[PDB]
Enquirer: 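Before I ask anything, here is the structure I am working with.
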Amino acid sequence: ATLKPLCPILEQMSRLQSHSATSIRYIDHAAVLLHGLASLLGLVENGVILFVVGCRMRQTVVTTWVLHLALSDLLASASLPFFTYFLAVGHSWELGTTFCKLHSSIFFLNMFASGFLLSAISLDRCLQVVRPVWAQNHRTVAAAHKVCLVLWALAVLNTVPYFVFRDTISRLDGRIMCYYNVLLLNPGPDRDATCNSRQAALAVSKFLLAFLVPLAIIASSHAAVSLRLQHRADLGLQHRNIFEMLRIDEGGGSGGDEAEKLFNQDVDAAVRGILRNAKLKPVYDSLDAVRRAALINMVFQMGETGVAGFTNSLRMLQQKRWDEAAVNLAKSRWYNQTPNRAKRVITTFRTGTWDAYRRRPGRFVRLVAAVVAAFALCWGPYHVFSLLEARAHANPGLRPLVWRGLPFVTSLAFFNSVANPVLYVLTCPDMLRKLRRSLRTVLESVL
Ligand SMILES: Cc1c(CC(=O)O)c2cccnc2n1Cc1ccc(S(C)(=O)=O)cc1C(F)(F)F
Ligand SMILES: CCCCCCCC/C=C\CCCCCCCC(=O)O
């Protein structure tokens, strides 16, 4: 027999029951089937989405975001069946204490990930429009994959406190609760103070890092590209800027600090390095303006020492043998790893015609706007109530109000993992089209 000190919120919660002192648990079977089907749908929907985007669809930077975005929701749908079991038993956790920490961590892991990814998506789209020269040279899929790995690492780092402060608390009804045990580790001299501060520190930091700050970034980046496209379209209407390429002064200001701007686009800096190298100077001067700019992109992507490694490729550009140079370039490590930023360069050497990067409209815009809309509507009410239960430590009157909505708005955030794969299809015709392809392919395994 062991006794653990609890918060006044949990202590008041460990005696809540309809019938006075009994072990008979009332069961809401309507919610069991609801979350049961939600568990089934979530696993199947995100299951096929991962397959479609990840195997049948051509891999891009944007699809990589969506891929991980649907990966986090897959895990959220993997812990959900254990929440169904929780309801089926009668709101009691009967699967140990460590598993309680894991199951809970998946919820917050999904939360932070979905908040960090949606931030990454907005920032990526921001760099695509605001920083065209940098984006066309460094926005490779390999980079986008490494970003996600950092985001997951930061996500699991912010779910550790939740993993730690999760515990099994016995009710008087025989029920076993799985919730916040703030006082589980290092209780201060003032229990009521360390109970309030830690709960507030959790609810607030969660609200910021996984909701307010993302929505701030999303709304702020959305305004950046809107003004940029307006100023860009104004430049496009000008007759003199018909054949111009690699602009930087779209953001206004001056070119005095181009070598210091994050996400660098300093074209002049690259040119000075080209004229300095013995293997690049005679090749640069022999090229026309369109092909000279394509050479600047190569030293942007792999440096000047990297482009000087292609001896009998510069030998080809110097002799204006474009096609035979194209063959040699497309058979390298540089093209094999990052084909999209490479092919755009090679074709320029081939045709001598500039293909504008800031000309290409953004993709999955309908998708992200929908996913963002759902994210704000499903995690919205949650953070509201969760901030109120941290507020309810001081105000006991809010405690009954919390448990009239918190179980609802929490399951509302759970259903965000079910909504997204549907939203993927409804806003992305290619994704839906690619799905009905494989759907028809498998169904044709009867003939
Ligand atoms: C309300 C809730 C949260 C919110 C949070 O932990 O901040 C949460 C996070 C991860 C997984 N589930 C969660 N549930 C649902 C839940 C959890 C515990 C209990 S209890 C106190 O009976 O053990 C009830 C409920 C619910 F409200 F859904 F019934
Ligand atoms: C129905 C429940 C089970 C769900 C099964 C999930 C199906 C997985 C689908 C294919 C994943 C293929 C991954 C290929 C993408 C590679 C990109 C990367 O390495 O991150």
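We're sticking with the PDB entry numbering for chain A, so the shown stretch reads 5-236, 1238-1362, 2238-2327, in order. In listed order, ligands and their atoms are each counted from 1. The figures that follow rest on heavy atoms only: side chains count, while hydrogens, waters and symmetry mates do not.
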Enquirer: Tell me which chain touches ligand 1 most, using the name in the PDB entry.
Expert: Prostaglandin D2 receptor 2, Endolysin chimera
Enquirer: Which drug molecule is found at ligand 1 in this structure?
Expert: fevipiprant
Enquirer: Which residues from other chains neighbour fevipiprant at a non-hydrogen distance under 4.0 Å?
Expert: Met17, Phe87, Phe90, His95, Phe111, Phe112, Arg170, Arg175, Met181, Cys182, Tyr183, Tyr184, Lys210, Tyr2262, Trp2283, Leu2286, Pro2287, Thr2290, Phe2294
Enquirer: Which other ligands or ions approach fevipiprant to under 4.0 Å?
Expert: none
Enquirer: Considering only heavy atoms, which transmembrane segments of chain A, in UniProt's N-to-C numbering, come closer than 4.0 Å to fevipiprant?
Expert: 2, 3, 6, 7
